[PDB]
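Positions are given from 1 along the sequence. For this deposited structure, the header notes the method as X-ray crystallography, 2.2 Å. Values reported hereafter were calculated over all heavy atoms of this structure, with side chains retained and with hydrogens, waters and symmetry mates removed. Both counts, for ligands and for their atoms, begin at 1 and track the order of listing.
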Amino acid sequence: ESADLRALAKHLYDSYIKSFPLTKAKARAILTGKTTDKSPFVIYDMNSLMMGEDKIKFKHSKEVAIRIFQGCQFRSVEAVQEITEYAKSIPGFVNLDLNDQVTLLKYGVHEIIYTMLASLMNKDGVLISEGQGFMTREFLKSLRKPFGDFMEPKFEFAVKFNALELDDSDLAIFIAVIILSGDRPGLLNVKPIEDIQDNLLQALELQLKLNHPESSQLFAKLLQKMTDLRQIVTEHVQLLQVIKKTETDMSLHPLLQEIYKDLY
Ligand SMILES: CSc1ccc(/C=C2/C(C)=C(CC(=O)O)c3cc(F)ccc32)cc1
Ligand SMILES: CSc1ccc(/C=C2\C(C)=C(CC(=O)O)c3cc(F)ccc32)cc1
């Protein structure tokens with residue numbers, strides 16, 4: 001059966017590479033100093049942010065904190081698209097009842113977004129604009145309340161998560177585990193979801209033993225990270241509700257509204 005779990009690890013890694021254009025491997029090459037990739041422009045104060053608008057080519061007049069809020073929406077919407085495409089490659093996912101597919105995505109996308117965003121972070125800041133830019137943790141922390149408090153729990157989680165030193169092939173199986181959670185609210189057929197996740201769990205466990213043979217209990221350490229993930233979602237939802245009440249000239253992207261509607 002080991003050969004089957006290895007073929008599943010290989011399948012998920014291959015689909016991960018095809019679904020996510022900016023991998024952890026490329027993110028680390030950018031952050032460290034490697035010559036396979038090029039150096040980002042660093043935004044650290046109000047001054048350099050304006051220089052960065054003219055220096056960084058962005059994919060997508062208001063206040064600075066508002067402009068960053070809107071920027072993260074566009075990337076997050078893109079992330080949902082990438083995650084959805086990846087979910088369809090997880091064997092058995094598309095054969096599930098359609099309402100459960102929707103439900104698994106609705107509750108899984110943000111847990112995956114924060115997981116993969118850790119690949120883009122270090123203790124000092126986060127890559128932006130497919131890695132062309134780098135915004136510092138202290139600069140985001142200084143933005144006017146309550147916008148300045150949006151990213152800090154993500155950084156704190158990323159520092160703990162990155163200490164596990166997972167690579168993309170590990171992360172491919174782990175985010176599949178996250179998607180296939182039989183405990184999501186409103187699921188209709190829990191059993192076929194759990195059966196798929198049990199297989200994904202055995203594949204993840206084997207991958208972690210083979211890939212990190214001197215990292216004891218990495219499987220257990222990784223699984224316990226779900227506590228931090230859900231706390232982030234919880235806090236993030238709370239801050240979004242403050243923004244909704246204080247900025248009535250803004251709305252979340254419709255795709256994100258649907259994800260957050262009746263969540264928990
Ligand atoms: C002023 S510093 C800041 C403040 C607010 C935001 C707002 C954010 C918004 C709307 C989203 C969209 C979603 O929740 O899906 C998001 C996703 C993330 F990973 C991280 C941050 C944010 C981003 C940065
Ligand atoms: C041209 S005025 C501007 C406005 C906002 C930004 C800031 C951000 C943008 C575009 C993004 C999207 C991405 O990463 O591609 C982002 C993601 C994050 F976690 C944190 C901050 C930012 C840069 C420039």
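According to the PDB, the drug located at ligand 2 is sulindac sulfide. Most-contacted chain for sulindac sulfide (ligand 2) in this structure, per UniProt: Peroxisome proliferator-activated receptor gamma. Measured on heavy atoms with a 4.0 Å cut-off, the binding site of sulindac sulfide (ligand 2) is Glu53, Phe58, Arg67, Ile68, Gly71, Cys72, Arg75, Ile128, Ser129, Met151. Under the PDB entry, the species noted for chain A is Homo sapiens. Counting per UniProt domain, chain A has the most residues touching sulindac sulfide (ligand 2) in NR LBD. Close approach to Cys72 involves these atoms of sulindac sulfide (ligand 2), each under 4.0 Å from a residue heavy atom: 16 (C), 17 (C), 18 (C), 20 (C), 21 (C), 22 (C).
Below 4.0 Å from some heavy atom of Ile68 lie the following atoms of sulindac sulfide (ligand 2), by number and element: 5 (C), 21 (C). Considering backbone and side-chain atoms together, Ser129 places an N or O closer than 3.5 Å to an N or O of sulindac sulfide (ligand 2). Taking a cut-off of under 4.0 Å to the non-hydrogen atoms of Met151, the atoms of sulindac sulfide (ligand 2) that pass are 19 (F). Of the residues that UniProt lists as binding rosiglitazone in chain A, those with a heavy atom under 4.0 Å from sulindac sulfide (ligand 2) are the following: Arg75. With ligand atoms numbered from 1 in the order given, sulindac sulfide (ligand 2) contributes 12 (C) to contacts under 4.0 Å with heavy atoms of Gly71.
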